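The following structure: Taxol with Tubulin beta chain.
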Amino acid sequence: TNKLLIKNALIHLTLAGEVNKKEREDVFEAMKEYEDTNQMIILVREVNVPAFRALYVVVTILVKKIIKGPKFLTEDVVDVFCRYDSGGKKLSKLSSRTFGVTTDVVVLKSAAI
Amino acid sequence: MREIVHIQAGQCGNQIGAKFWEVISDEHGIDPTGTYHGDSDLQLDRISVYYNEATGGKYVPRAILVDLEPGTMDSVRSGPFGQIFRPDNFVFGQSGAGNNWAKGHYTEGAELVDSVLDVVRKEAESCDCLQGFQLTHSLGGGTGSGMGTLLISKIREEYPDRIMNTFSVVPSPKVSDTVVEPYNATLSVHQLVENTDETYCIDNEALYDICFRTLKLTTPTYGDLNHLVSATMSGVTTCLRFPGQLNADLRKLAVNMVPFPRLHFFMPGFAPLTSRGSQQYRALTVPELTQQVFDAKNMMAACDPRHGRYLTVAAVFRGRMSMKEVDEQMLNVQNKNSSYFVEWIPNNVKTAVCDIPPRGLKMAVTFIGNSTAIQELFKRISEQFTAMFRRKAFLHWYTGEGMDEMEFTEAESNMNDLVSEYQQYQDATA
Amino acid sequence: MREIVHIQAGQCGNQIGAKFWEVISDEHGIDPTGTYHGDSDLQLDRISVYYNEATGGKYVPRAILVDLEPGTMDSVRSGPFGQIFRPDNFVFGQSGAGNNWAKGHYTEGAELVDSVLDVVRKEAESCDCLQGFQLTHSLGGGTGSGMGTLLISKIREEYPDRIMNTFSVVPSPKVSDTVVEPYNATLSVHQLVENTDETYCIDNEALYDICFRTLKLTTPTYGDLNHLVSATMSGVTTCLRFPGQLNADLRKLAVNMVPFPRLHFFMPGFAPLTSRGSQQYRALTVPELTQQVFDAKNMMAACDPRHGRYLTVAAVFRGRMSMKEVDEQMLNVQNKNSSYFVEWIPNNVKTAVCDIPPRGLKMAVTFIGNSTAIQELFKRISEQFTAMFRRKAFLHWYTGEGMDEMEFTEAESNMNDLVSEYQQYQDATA
Amino acid sequence: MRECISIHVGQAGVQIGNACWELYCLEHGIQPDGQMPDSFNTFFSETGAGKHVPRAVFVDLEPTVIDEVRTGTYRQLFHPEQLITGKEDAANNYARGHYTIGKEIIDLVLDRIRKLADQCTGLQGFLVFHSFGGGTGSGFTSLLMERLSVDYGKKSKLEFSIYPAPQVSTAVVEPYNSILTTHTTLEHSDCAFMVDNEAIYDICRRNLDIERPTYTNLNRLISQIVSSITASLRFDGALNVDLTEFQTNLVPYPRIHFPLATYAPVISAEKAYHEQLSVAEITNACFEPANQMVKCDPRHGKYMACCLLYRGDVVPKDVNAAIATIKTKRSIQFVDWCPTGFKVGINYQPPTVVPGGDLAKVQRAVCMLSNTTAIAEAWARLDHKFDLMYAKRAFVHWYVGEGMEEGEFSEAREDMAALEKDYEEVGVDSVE
Amino acid sequence: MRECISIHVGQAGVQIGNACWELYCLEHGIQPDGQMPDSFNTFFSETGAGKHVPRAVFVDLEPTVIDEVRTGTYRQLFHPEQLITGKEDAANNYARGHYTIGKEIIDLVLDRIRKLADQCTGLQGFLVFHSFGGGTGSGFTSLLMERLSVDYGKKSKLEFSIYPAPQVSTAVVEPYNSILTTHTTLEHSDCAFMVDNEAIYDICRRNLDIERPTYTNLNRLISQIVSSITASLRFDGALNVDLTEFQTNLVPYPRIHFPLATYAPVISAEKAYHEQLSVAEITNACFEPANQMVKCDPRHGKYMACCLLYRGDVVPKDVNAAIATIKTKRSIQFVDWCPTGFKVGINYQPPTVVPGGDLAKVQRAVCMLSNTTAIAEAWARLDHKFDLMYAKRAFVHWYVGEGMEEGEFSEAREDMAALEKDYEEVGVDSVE
Ligand SMILES: CC(=O)O[C@H]1C(=O)[C@@]2(C)[C@H]([C@H](OC(=O)c3ccccc3)[C@]3(O)C[C@H](OC(=O)[C@H](O)[C@@H](NC(=O)c4ccccc4)c4ccccc4)C(C)=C1C3(C)C)[C@]1(OC(C)=O)CO[C@@H]1C[C@@H]2O
Ligand SMILES: Nc1nc2c(ncn2[C@@H]2O[C@H](COP(=O)(O)OP(=O)(O)OP(=O)(O)O)[C@@H](O)[C@H]2O)c(=O)[nH]1
Ligand SMILES: Nc1nc2c(ncn2[C@@H]2O[C@H](COP(=O)(O)OP(=O)(O)OP(=O)(O)O)[C@@H](O)[C@H]2O)c(=O)[nH]1
Ligand SMILES: Nc1nc2c(ncn2[C@@H]2O[C@H](COP(=O)(O)OP(=O)(O)O)[C@@H](O)[C@H]2O)c(=O)[nH]1
Ligand SMILES: Nc1nc2c(ncn2[C@@H]2O[C@H](COP(=O)(O)OP(=O)(O)O)[C@@H](O)[C@H]2O)c(=O)[nH]1
Ligand SMILES: [Mg+2]
Ligand SMILES: [Mg+2]
C-alpha cells in the first residue's frame, strides 16, 4: 500500500492541530478496519488551501465511499490529481489525468457541486 | 494630516509610553530637547501625525498624561525624554486610586475628568484632520482600568466617528500580581466591548518566554519588555506616516479585521527576534521572517493558537523587499496552516508593505492576529470571577464606594455571552 | 539541491561527526568561522548538499546533534570547528542514559523526542529537494542505540520515501569495552532491519590493525581511528556533489547493492594507505590501488572475507584516471576471486568514478563491500546473547525501565532468522 | 487633432500612471520637465511657451501617493491643479468612497475635467486607471462613470481594471468591493479591461528569469499594453485602429464587454538571442495558457471575438499566413455563430525599451485583446465568495452605517446571477 | 530544407552529444559561440541575427551533467530552454524513469519539441541518443518513443544505443534495464544501433597504440560514426543516401532492426605512414573480427544486409572491384535468400580531424552498418543473465514499489523468446 503517505498527511496538512482533535481521532479507527485495501485517497477542497473533506478508498476500477462527499469518482468531476510530497509537506501535481498507484490528493469541481 | 492624540493612563501605560516616545523620537531623529537631527527628509514629511511643531523648530509629542497619584509622573518628568512633553499636559490628582476600579471610575475618576477632557479639546483643535485616539493602559491595575474606561465612555460620547485603539496589558494565566485582577478586568471588558473598535490585548507570561527562548536573555527588566511592546505599537501606524508600495492606516486595519461588532480582540507578534551572538546563523529572508511568525512561541498573548481558529490575519511588513516573495509566502504559510484557518472567510490574509525599515535592521514583520484562541483567556477570567463571587470576597471595597451587587452579575453574564460567540459563531460552517 | 540532513547521536557518533565536519570544511575550503577560502569554484557548485547558506556568505552545516547529557556537547562546542554549528540544533537532555537501551527509548528518550523532531521538521523545510538522512551512532552504547533507533521509528513514520543510511560502529569480536553490549545491539538490529535502507557496519578490532600494520603507527588514538572512518563517509557522497564521469549517488549505491529487502549490512574499505616514510616504495597506479582493496587486511569490519561469499561489490573510485584501467582491473579481480563471488548474480561489481581526488593525494578508492561474511558477526552476538539470557544476568535494569521479557524472545529468533537467510539464500545455485 | 484624457482613481491607478507617463515621455523625447529637444498632440495640450503638459487627472482621497508624485521624478511635468488630494481615504469601505467622502470632492474633479474637455475639439475617449480591490478604485469610478455618462454619454470610455486574483489577496473585503461596483459600472461602461495580479508573476518568473520582481516591474508590463492600444493615435501605420473602433469590433452585446489583454514577446535580454521572432512564432505565443494575464484556462471556454494590435516591422502577408494556421487547429475553438472574429491592426513603430527595465529590445510586438467565454469561471469565483461571506453577514456593519442599505446586497447578486448565465447563453451554439 | 532534431536522453546520450556537437561545429566552421567567420541548414535553425543554434534537446533527470554543459565550452551555444533539468534521477531503477519522475516533466520535453518541429517543413527524422544502462537511459526513452510515434507516427526514428558489454559491466541491474525497454522500444523504433563499450577498448589499445583511453576518447569514435550517417544530408555527394533510405534497405522484417557500426581507418599518427589506404585495403578491414564494435564473432552467423558509406576521395570503379572480391571469398557467407545485400553511398567530403584527437588526417572513411545474424548470441546472453536473476527474485522489490507489476517480468522475456527464435528463423536457408 501507501499507508504511511496518507496517515502522515492527515495530521500535517489537512487535519492538524488542537482544534480538530475530535475530527481526526474519529477517522483513524474508521479506516482501521480498512487500510488492508491496497490504495486510499483523500479529498481536498482547493489547491489554494489544502483542507480535508473526505477520505476515500480504492478497492480493486471503482472508487468506494467511506468517511462528507460524493460516493463514486470519475475522471470528469475531479479537477487535479496530485501527490503528497514528504519533504516540504506540499502537493506534487502529477501530470497524469487518470488514476494511478501513486496519487492520493484530489480536488473536485464546482461544476460538479 | 490625520493626527493621532496619544492619551496615556495608569502606572503601566505611563511606563510603556515613556518607552514608546523613545522609539518614535529615534525614527524621526528627535533629541531630548525637541529639535531635529534626523537624516531622511521623509521623516519630516509626516511629522504632524504625532508632533505638533512650536516656535524655534521644536516639536512636542501630542500626548496627554493621566494619573491619580503624583508618583509615576514625577518619575517621567525627571526621567529621560521627560522635558520633551508639555508641562500643561501632565494631569494628576492627589488621592491616588490604589488598586480600586470603584475609586478610579466613581470616587476619583468622576471628579477629575474635566481637567483631562479640556486638554483633549485643546488638542482636537490642534488637529488639521482628526484621525483617531490611542490609549495605553492595563486591565490589571486600578487607574488604567478605571480612568481609561471612563474616558472611552466620554470620548465616543464626544467624538463618535473616530477609531479608538486601546492597549490593555492582559493579566497572565499562571502568576497573579494583583489579588483583585478578576475584579479589575471583568468590570473593564464590559466597558471596552461597547466603545472600542480594536483592542491590542497583550499578555505577560508569553512575553517572558520570548525574552528567555528567542532573545536568549537572563534578566528581563520591564525596560526590555515594553521595549518589545513599543516595537509593535509603532509597527501598526508606520504604514500611515511613511510611503509604502501598499499603504494601510488605522482605518484599513479596522475595516478588514472586525467582522462582527464585538469580536475585535487582537493578539500581536513581531519578527525578526535575533540573539546577541546567534544573529549570524539565520538568513534574513522573507520565507524566514514569515515562518518565525506563524508558530506559537512568538505570540505575545499567552494562549495557544492551535487551540481555536484564526478569523482575520494582518501582516504589516516593513523594509524593502519583493512583492512576489510576500505573495508567495502569504500562500505558503496558508497552505500548511489551512487546517487552522476558518472556512467561511476565504482569502483572510491582509497584507501591507512599507518602504522604510526600523532604524538599523533590514526588514521586519509586524503581525496582527485575530483568533478564537482568546476564548480560554476570557474563560479563565470568567472562572476566577465565579469562585470569588460565590464567597463574595473583597466585596466591601466596591459596595462601600458606590456600586451595586447586580452589576457584578451583569458583567458575568455579559462575558459568558461573549465567550459563546467565539463558539456559536465560530464553527457555523455552511 | 538533493540535500542531506546529518543527524548525530550518542557519545561515539558525536565524536565521529566532530571529525567528519573537519573533513567537509577542508574539501570545500571552509574556515573555522564559516566563510569561504577555497580555491576552485567547483567546491561551491553543490555546496547546498550539506549547508544552509546564511547571511554574509557564511555557511552552517545541516547537522542535528542529539545527546542525553551535556558532556560531549560541552566538548564539541568548546572544541575546534565548534562555532560553525547552529546553537538551536544542540538539543540535549539532563539525566543521561548511561548504558541502558531501555532508558534511551522508553524512559528518557521517549520524553524529549519531540524537542528533536521539530528541528528536523525545520530543516526539511529548509531543503530545496530532500534526498536522504545520514545518522551517525554506535550499537554498543546506550544513547546512539536507544535514541537513534527511536528516531528511525519516527522518521520513517514521517519521511517514508527517502533513504536512511546509518553508521553503527559494531563491537569488536575479542575485546569488549561494554559489559552489556550484547543487549544494546540485539535490541537495535531489530530496529534497523525493518527501517533502514543501508547500514555501514564498522568493527573496532579491524581498524586497529590497519593503524598497526598498514599505516605503521604505534599509538592509535580515536582521533586517528575516526579520521580513517571520516575518509569513507565523504567517500560515498563525493560522487553526489562532484562532476564525475560515471556518476553515482546515495540511491544508485542502494538500488544496485541490496538484492533482498533485509540484506543491507555493508563493510567499507579505503585505499591507498601509505606510511609516513614508506610511501616512496609503491607506484600510485590503478592496478596497485585495486589489489590493496580485495585482501582481508584492509577491511574495516573484522570478519574474514574468505569465509562466506560476496553478493555485490561497489568500488567507488576518486580522482582522475583512465576508464580502461578501471574496466580491466574490475575484470581482473573477478578472475582470481572467481570462487569468492556468488553464482546467481552475474556481473556483480558496480563501479563509479569521480573527478576530484581527496585534497593532497592523486587518486583514492572507497570500497563498499557486501557479503555473507557478516553472518558470523551476528553469530557471535546472538551466542553471547544466548548464555547471558539463560542465566538472565543484568535483567532487572531493563524490566524495571518499562520492558517485558517477551521482547528478548522476539529479538532472539529475529537475528537467528537473519543468520539463516545468509545460509538459506546463500548456496541456492541453479 | 484627436485628444483623449486620462483619469487615475485610487492608488493602483496612480502608480500605474507613474509608469505610463514615464513611458510616453520616452517614446517622443519629452523631458521630465515638460520640455523636448506633431502626432503627439493627442495626450499633450502644450503651452504657447515651450512646454508640453499631460492630459491627466490624478484623483485620490489619501494624500500619500500624491505627495510621491509632487516630490517624485515627474514633479515639473504636471499642472498642480490636476493633482487633487483629499482628507482621509475610503479605506476599503465602499460606502466611504461613493457616499461619504468622495461626494465632497466630486465637484472639484468634474470641473477640472470640464476645463480639460474644452481645450481641444477632438475629444476622443476616456482612460480610467483603477483596481477593483480597495475603496477608491471601485468606489469612486462608479460615481465618476455616473457623472460622465450623463454629461457626455455618447463618448467612448475605457477602464483598465486591475482584477482581484484567485490566489493572491491583499484585501479581505476584496469581493465586497467588486460585486458592489459591478451593480453600477456595468450599465455605463464601454470596454472594461481585466489585468490580473497573479498571472503576471508567472510571466515575470518563467519568461524573464526574474525571481524577485517588484510593483515597479509589474506596472511596466501594464504600461506597455496601454501604449499599444493608443499606438495608432500617435504614429502612422499601415492599418490604423481607433478607440472608437474597439467598442464596435469587440462588444457583441450590451453586457459582455470584458476583454483580457495578452502581450508578446516577453523575453529577457539574454534570451533576446537564440530564437528568430517571426510573426508565425509570436502569434502562437499569444494563444497559449503560458501567456495569459487572467488566471483562467483559455482552452476551457471559447473566444468570441479577438484583436491583434501588431506593431514594428511587420509584413502584412505573414499575418495572413499566421492567421490561416490558427483557425484550422484543434485546441483553439471559437464560437460557432461567429464566422471569424479577428481584427488586425499593423502599426509602423517598434516598442521602445525603458532604461533600467526588464524587457529586451525587440522589433515586433502584439497586444492581443480577447473577449472570450472562459472568464465566466473567474466570475463564478466571486459569486462563491459572496455565497459564503454573506450567509453569516460578515463585515456588514462597516457598510450599513455609512449610507448604504443592506437590502441592496440581495439585489446585486441577481446582477451577477444574470451575467453568469449570459456567458453560458452565448457559449452554447444556436442550432437549426 | 531537410531538418532533423536530436534528443539526448540519459548521461551517455548527453556525453556522446557533447562530443558530437563539437564535431558539427568544426565540420562547418561554426564557432562555439554560434558564429562563423547553405548546406548546414539541417541541424542549425539560425537566428535572423548572425547566430546558429542547434536543433537539440538535452533532457536529464539529475542536474549534474547538465551543469557541465551549462558551464562547459559550449555554454553560449545552446538556447537555454532546451536544457531540461529535473530534480532526482531514476537512478538505475526502470520504474523511476517511466512512471515516477519521467511523468513529471514529459510535457516539458514534448511541448519543447512541439516548438521545434514547427520551425521547418522538411522534418526528416529523429536522433535519440541513449544508453541501456541507467534509469534515465532506457527508461525515459521508452516513454518518448511511445509519445512521438503517436504525435508523428509516419516519420523516421533512429536510436544510438550504447550496448551493455558482455564481460565488462558497470552496473548490477544492467540486464534488467534492457529486457524491460525491449518490451517497449521494439514496436516503435525503426533502426536501433548497438555500440559496445568493450569493443572500443580493443580498438583504442591495438589499432591506435593508446594504452590509457578515457570516455573523452571513446566518444570521439562514436562521434565520427554519427557524422558518417548524416554526411550526405550535410554535404554534396555522387551517390547520396538519406535517412528514409536506411530504414528500407536495412529492415528485412518488422522485428529485426538491430545493426552495428564498423569504421575504418582507425589508425594512429605514427602508423599513418607505412601503408597506402586503398579502398580495397580498408574494405577488407571492415570484414575482420578485429574491427567489430560489438564483441561478437561475425564469422559465426551471417550478414543479411550490409551497407557501406564511403566518403572523401573515393573512386567508384575500385568500389565495384572491392565488392567483387568479397562475394567470392570463403569465410564471409551471406544468407541464401538474399541475392546480394549491399548498399553503397559514395560521398565527397573526407572526415575532418579533431584537434587534440586520436585519429590522423586520412583521405577516406567507411561506416559499415551491417544487419547481421551473429547478434543473436548477444541476445542469447541477456536471457541467461535474466533467468538466474529471476529464479531468486533478485532486486524485484525496488521495481514493484515504484509502479510496476511483477507479473510483467514473466512476459517481457516472452517478448525476447520470440525474438531469439526469429534470428534462427531467418538465419536458416529456405530449401526448395
Ligand atoms: C605533503 C603531503 O602530501 O602530505 C600528505 C601525505 O604525506 C600522506 C602520507 C597522508 C597523511 O595521512 C596521515 O598521516 C594519516 C594519519 C592517520 C590516519 C590517516 C592518515 C596526511 O596527514 C593527510 C592528508 O590527506 C588530506 O589532506 C586529505 O584531504 C584527507 N584529509 C584528512 O584526512 C585530514 C587531515 C587532517 C585534518 C583534516 C583532514 C582526506 C582523505 C579522505 C577524505 C577526506 C579527506 C595528506 C594528503 C597529507 C598529510 C598531511 C601528511 C596519507 O593519508 C591520507 C588520508 O591522505 C597516509 O597515506 C596517505 C598518503 C599521503 O601522501
Ligand atoms: N498592478 C498593480 N496593482 C497594484 C499596485 N499597487 C497596488 N495594487 C493593487 O491595488 C489594489 C488595492 O487598491 P487601492 O486603490 O490601493 O485601495 P483604495 O482603498 O481604494 O485606495 P487607497 O486606500 O487610498 O490606497 C490591490 O488589489 C493591489 O494588488 C501596483 O503597483 N500594480
Ligand atoms: N560510450 C560511452 N558510454 C558511457 C559514457 N558515459 C557513460 N557511459 C555508459 O553508460 C552506462 C551507464 O548508464 P547511463 O544511462 O549512462 O546512466 P545515466 O544516463 O546517468 O542514467 P541514470 O543515472 O540512471 O539516471 C555504462 O555502461 C557506462 O559505461 C560515455 O561517455 N561514453
Ligand atoms: N508590560 C508591563 N506591564 C507592567 C508594567 N508596569 C506594570 N505592569 C503591569 O501592570 C499591572 C498592574 O497595573 P498598574 O498599571 O501598575 O496599576 P494602576 O496604576 O492602578 O493602573 C500588572 O499586571 C503589571 O505586571 C510595565 O512597565 N510593563
Ligand atoms: N570509532 C570510535 N568508537 C568510539 C569512539 N568513542 C566511543 N566509541 C565506541 O563506542 C562504544 C561505546 O558507546 P558510546 O557511544 O560511547 O555510548 P552512548 O553514548 O551511550 O551511545 C564503544 O564500542 C567504543 O569503542 C570514537 O571516538 N571512535
Ligand atoms: Mg489605493
Ligand atoms: Mg543519470
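Lettering of chains follows the sequences in order, A, B, ..., and the numbering in each one begins at 1. Values reported hereafter were calculated over all heavy atoms of this structure, with side chains retained and with hydrogens, waters and symmetry mates removed. Start at 1 and go down the list; that is how both ligands and their atoms are numbered.
- In this structure, every copy of Taxol sits at ligand 1.
- Within the structure, the other chains placing a heavy atom under 4.0 Å from Taxol (ligand 1) are, by letter, C.
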